[PDB]
Every structure is written in structure tokens, then in C-alpha cells.
**Q** 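Model contains darunavir. Questions to follow.
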2 protein chains.
Amino acid sequence: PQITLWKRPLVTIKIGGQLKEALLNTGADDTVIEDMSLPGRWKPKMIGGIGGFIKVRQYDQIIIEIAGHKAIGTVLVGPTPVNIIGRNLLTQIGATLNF
Amino acid sequence: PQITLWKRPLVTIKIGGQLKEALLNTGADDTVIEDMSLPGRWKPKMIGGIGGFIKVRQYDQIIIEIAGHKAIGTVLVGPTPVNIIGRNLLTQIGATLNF
Ligand SMILES: CC(C)CN(C[C@@H](O)[C@H](Cc1ccccc1)NC(=O)O[C@H]1CO[C@H]2OCC[C@H]21)S(=O)(=O)c1ccc(N)cc1
């Protein structure tokens, strides 16, 4: 699709069998989702947002559907205001910015 | 332009007579620029994301040139770690997400 930006670019994602909502986020390097159970091991990561740096759980090679497109990659789990799909997965679904 | 998302989508902006580098940010309602002086009235605002909230100054009816395109709207100014062009100005230059 072509998504205009008058409203938040919210899409449905599917991860661990659960449907969730997430923001398509060109301003994020990484994908960050609210606390949920994911399979496998995780590793530590510090990410820096508008308010400062926080600790999150980094899960690699996680299967996730984004607006109907399958991606498999890194998902960070931690205290974010809204679920965000960052560039690591936007590239997998072939997303570009256009004007 | 068509901007791929392998790297941060950074562009050159002109604001308050100054050139700055800024991130094109579909994940941000508002545009937020590192602290600087702007002309006219302002009022305080709190904005929150990863890491919590920061206090900013809200200036309305500010003209910015974004990668050669002039837009006008509200600009928030404060201690953001990165200059962010949010949806309020991205709409004005006709920016879309496409996949
Ligand atoms: C968290 C989003 C809901 C909102 N944010 C925009 C977001 O794109 C920021 C924009 C941003 C970008 C860089 C630094 C600080 C903030 N990116 C971000 O937090 O990304 C994190 C996840 O991937 C990492 O790569 C960048 C930082 C990490 S935000 O900066 O916090 C924000 C919040 C409120 C307003 N009004 C305007 C902006």
C-alpha cells in the first residue's frame, strides 16, 4: 500500500500467534514491542530514546507478520509507549519513504 | 525521492536561518528540534517516548525547508538527542510510506 501520514501509520502485526497493533516507524533503528513471551534465549541491549537510555530484551530471528508481510528478525521487548516496527523489519517488507 | 531504509533517513533542513540534519520520522506526531532560539510566542509541552518524557517549547507557525521543500507548522524545541521531522510536517511535503 501507499500510506499517508495524516494519521498514525498503525498496522496489525502477528507475533507468537497474537495479533497486536504497531506503528511503522522510520525514526526507529530497531523494533520494540511491549512485554510478551517470546521463544528462545534473549540477550541484553541498551536503546536510547527521546527521554534517555533503557534496557530491553533482544530476541533474534523471531517470526513476525507485519501488515500481511512476513519478516523474520530481531525484536526488542521492553517498556515502550507504543509497539514500534523499526527499520530492521521495514526493510524486510520492502518499505520506502517517498515524496 | 524514494528513500530506502537500510540507513537512517536523514535529510538537510533549514530552520530559523540555520542548516541542520534531521531524521524523517513516521513514528512521531510532532516535529522536535534540538534546543535553539525561534522567533515569536511559545508554550511549554511534555513529550514522551522510550526513556520517558522531556520538556519542550512549542512554537506555532514555523517555516522549515525539508530537503528543498518548504512547509509550515508547529515545531517543538528541547533536549532531543536527534532532530526529528514528524508527521505534522511530513504530510505537508506529501511524504508516504510505500511497500
Ligand atoms: C517512540 C515513538 C512512539 C515516538 N518517538 C519517535 C521515535 O521514532 C524515536 C525517534 C528518536 C530517534 C533517535 C533518538 C531518539 C528518538 N525513535 C526511537 O525511540 O527508536 C528507538 C528504537 O530504535 C532505536 O533507534 C532510534 C532510537 C531507538 S519519540 O521520539 O519518542 C516522540 C515522542 C513524542 C513526540 N511528540 C515526538 C517524538
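Read the sequence lines top to bottom; their chains are A, B, and onward. Numbers in chain A come straight from the PDB entry, and the residues shown are 1-99, in order. By the PDB entry numbering, chain B shows 1-99, in order. Counting starts at 1 for both ligands and their atoms, in listed order. Atom set for the values below is all heavy atoms of this structure, side chains included, hydrogens, waters and symmetry mates excluded.
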**Q** Map darunavir onto the structure by ligand number or chain letter.
**A**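 In this structure, ligand 1.
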**Q** By chain letter, what other chains have any heavy atom closer than 4.0 Å to darunavir (ligand 1)?
**A**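 Chains with a heavy atom that close: A, B.
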**Q** Check each atom of darunavir (ligand 1) against the heavy atoms of A:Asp30 and keep those under 4.0 Å away; list them by number with element.
**A**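 Atoms satisfying the 4.0 Å criterion: 22 (C), 23 (O), 24 (C).
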**Q** For darunavir (ligand 1), which atoms sit closer than 4.0 Å to a heavy atom of B:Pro81?
**A**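 It comes down to these atoms of darunavir (ligand 1): 14 (C), 15 (C).
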**Q** Looking only at protein heavy atoms, which one is nearest to atom 38 (C) of darunavir (ligand 1), and how far off is it?
**A**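 Result for atom 38 (C) of darunavir (ligand 1): B:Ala28 CB, 3.8 Å.
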**Q** Heavy-atom contacts with B:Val32 under 4.0 Å: which atoms of darunavir (ligand 1) show up? List them by number with element.
**A**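 Within the 4.0 Å cut-off of B:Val32, darunavir (ligand 1) contributes 37 (C).
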**Q** When you measure from atom 21 (C) of darunavir (ligand 1) to every protein heavy atom, which one gives the shortest distance, and what is it?
**A**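 Of the protein heavy atoms, B:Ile50 CD1, 4.0 Å lies nearest.
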**Q** So is A:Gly49 polar-close to darunavir (ligand 1), meaning N/O to N/O under 3.5 Å?
**A**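 No, A:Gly49 has no N/O under 3.5 Å of an N/O on darunavir (ligand 1).
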**Q** Could you list which atoms of darunavir (ligand 1) come closer than 4.0 Å to a heavy atom of B:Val82?
**A**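 What qualifies from darunavir (ligand 1) is 13 (C), 14 (C).
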**Q** Starting from atom 17 (N) of darunavir (ligand 1), which protein heavy atom do you reach first, and at what distance in Å?
**A**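 Result: A:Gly27 O, 3.1 Å.
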**Q** Just need the protein heavy atom nearest to atom 28 (C) of darunavir (ligand 1), so name the residue and atom and give the distance.
**A**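 Ranking protein heavy atoms by distance from atom 28 (C) of darunavir (ligand 1), first comes A:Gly48 O, 3.7 Å.
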**Q** Tell me, which protein residue and heavy-atom name are nearest atom 10 (C) of darunavir (ligand 1), and how many Å apart are they?
**A**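 Here the nearest protein heavy atom works out to B:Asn25 ND2, 3.2 Å.
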**Q** Which species does the entry list for chain A?
**A**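 The PDB gives the source of chain A as Human immunodeficiency virus 1.
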**Q** Short list, please: which atoms of darunavir (ligand 1) are under 4.0 Å from a heavy atom of A:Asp29?
**A**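 This gives 23 (O), 24 (C), 25 (O), 26 (C) as the contact atoms.
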**Q** Would you mind running through darunavir (ligand 1) and noting each atom that sits below 4.0 Å from a heavy atom of B:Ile47?
**A**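 Darunavir (ligand 1) atoms under the 4.0 Å threshold to B:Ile47: 34 (C), 35 (C), 36 (N).
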